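The chains referred to below are lettered A, B, ... by the order of the sequence lines, with proteins before strands, and numbering in each begins at 1. For the numbers below, each heavy atom of this structure counts, side chains included, while hydrogens, waters and symmetry mates do not.
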Amino acid sequence: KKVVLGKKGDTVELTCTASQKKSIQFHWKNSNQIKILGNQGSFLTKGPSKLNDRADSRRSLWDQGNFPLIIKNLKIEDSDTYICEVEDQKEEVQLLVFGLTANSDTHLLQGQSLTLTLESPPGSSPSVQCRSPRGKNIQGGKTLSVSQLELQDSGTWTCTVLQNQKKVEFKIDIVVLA
Amino acid sequence: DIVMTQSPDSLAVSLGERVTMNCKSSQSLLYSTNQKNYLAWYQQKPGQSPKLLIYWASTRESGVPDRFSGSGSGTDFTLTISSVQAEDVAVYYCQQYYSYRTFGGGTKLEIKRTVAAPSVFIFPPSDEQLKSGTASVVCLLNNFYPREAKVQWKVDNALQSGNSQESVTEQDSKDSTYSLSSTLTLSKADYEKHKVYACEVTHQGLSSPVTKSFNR
Amino acid sequence: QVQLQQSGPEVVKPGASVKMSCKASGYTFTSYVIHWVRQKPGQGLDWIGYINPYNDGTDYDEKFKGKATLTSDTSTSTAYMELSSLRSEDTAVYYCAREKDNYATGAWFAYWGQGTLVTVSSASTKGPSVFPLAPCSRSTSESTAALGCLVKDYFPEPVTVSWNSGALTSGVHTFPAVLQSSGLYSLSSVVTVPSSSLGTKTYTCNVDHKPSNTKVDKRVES
């Protein structure tokens, strides 16, 4: 069903609800079938996955029937389809993690070039639109270039990355000096 | 970009034999997270759009015969045809969709079959073309194998050189033969000067050369 | 059933621009990414780039940045590719293709258009003359005869040939076009038929040369 976009280095919460509004057993796993985490009573057990240290739940919410999966310090390679198994019902959440960095250049001079590169999971087909501080709207794809920065381009750029019909927004600080 | 390399460029295989085509990428197409290889194969028959055969390296598209199978992993992949059929004549492309999209340069598949001699036909220029002031004489070589054939034009016994053009069809998807057209172009005035037009065909299916001719 | 229907073949002058279209149907236009691919005659497939019709977001291969521009029209369900500053080496069939699925779950090209052949030349378009190919005399001890149509002196490619409005397909061979020294193309299409049928059955070749809007139906008789 659901598709969720996350940002590299940030944290996401994938949701799972039971029709029952009481505390019952549940577990999460990835598409490669490897168990992420689940429970015995209200004892949380983590599993084998490469997600181990970065995966957690929210123990306090189990009573209302929220058994969320929380994944911290997101990597691009956390992009996967995740599956929540509750009351023998299955609930599917697809995660795509994107990153957007200035190559190796945030402090530039007037007249110089800016080039941002987008990082995305396998099979993606994204595009990027940024707005400069002076409100000029710029398009790109894997790469986004500005060839001749002005003094008014110094400040926070707001860049939105879109895959099909879901978007994630970035803020990038760029210094342009004389 | 990831570079996709196919080999060989072309392959000839007898009907019913097995065929293996290799595709190599400059970097791994195996996603460690889900253990899937982001690799597809397409078939492009002469005249048509490419058509999807296989995706995830080894999942056969719905409707594709199971004689087609994929294998390999990481940076090296194979498309196999377990028993080649006549209809399989085509060019085969691999494509990675791991990071953007790139196609390999293709492997052309040709079929070997038993020898078949061409049936030969000659056509005079039409009255309608002659009215407009030109003359094309055409020699057809129909349904032969292998591809090699020699066509010699003679006009009142003069061997013609440099004034004809040949064209060969793609291998037939049903009987695996070729056909070949040869067109002799002469001005009308010159066509009117001569009597006997002949094309002489040599082909290993033929015990001696076959000549077909007309008198204007 | 999803279909991608592309615009007809075009000649374009060296240095100018061409704009071609890809009309999609049988699915919700803004749900899937559309890609474009180049195939020069007899060569491999070169991926150009793609468009997300949802917001017209775009991405181009390195090789095609500045050379191609992609747009789409949501209301008419149509994607456009424009190519600019064309040169002789840009002559090719250009395809649009649709991803199987979205959100990286179907990134391969499951559906394809039929392609648009774009020829880069400063020459006028020219429709072909169509001449019958018939035996000098229409009989022998020969049980099989050959008939045809010579489609001569047209520019640019392609021309299509059918027989008896598509009702005659077996035994038909349409040869690849040959570029003559004149700089015009010529092609023959032939069919083999029983000698017994000659002078009883009607054989007609249907020729279509879209770049010049030339269509001819020619009845072939010896």
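For chains B and C, the recorded drug is ibalizumab. Of the chains in this structure, the chief binding partner of ibalizumab is, as the PDB entry puts it, T-cell surface glycoprotein CD4. Residues of chain A with a heavy atom within 4.5 Å of ibalizumab are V3(A), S31(A), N32(A), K50(A), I76(A), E77(A), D78(A), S79(A), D80(A), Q94(A), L96(A), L118(A), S120(A), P121(A), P122(A), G123(A), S124(A), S125(A), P126(A), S127(A), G140(A), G141(A), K142(A), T143(A), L162(A), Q163(A), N164(A), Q165(A), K166(A).
Measured heavy atom to heavy atom with a limit of 4.5 Å, the residues of ibalizumab touching chain A are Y31(B), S32(B), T33(B), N34(B), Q35(B), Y38(B), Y97(B), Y98(B), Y100(B), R101(B), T30(C), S31(C), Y32(C), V33(C), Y50(C), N52(C), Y54(C), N55(C), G57(C), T58(C), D59(C), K65(C), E99(C), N102(C), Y103(C), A104(C), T105(C), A107(C).
Per the entry, the source species of chain A is Homo sapiens.
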Are there donor-acceptor pairs under 3.5 Å across chain A and chain C (ibalizumab)? List atom names and distances.
| residue | atom | partner | partner atom | Å |
| --- | --- | --- | --- | --- |
| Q94(A) | NE2 | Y103(C) | O | 2.6 |
| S125(A) | OG | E99(C) | OE1 | 3.4 |
| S125(A) | OG | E99(C) | OE2 | 2.8 |
| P126(A) | O | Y50(C) | OH | 2.6 |
| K142(A) | N | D59(C) | OD1 | 2.9 |
| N164(A) | O | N52(C) | ND2 | 2.9 |
| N164(A) | OD1 | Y103(C) | N | 2.8 |
| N164(A) | ND2 | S31(C) | O | 3.2 |
| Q165(A) | N | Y103(C) | OH | 3.1 |
| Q165(A) | NE2 | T30(C) | O | 2.8 |

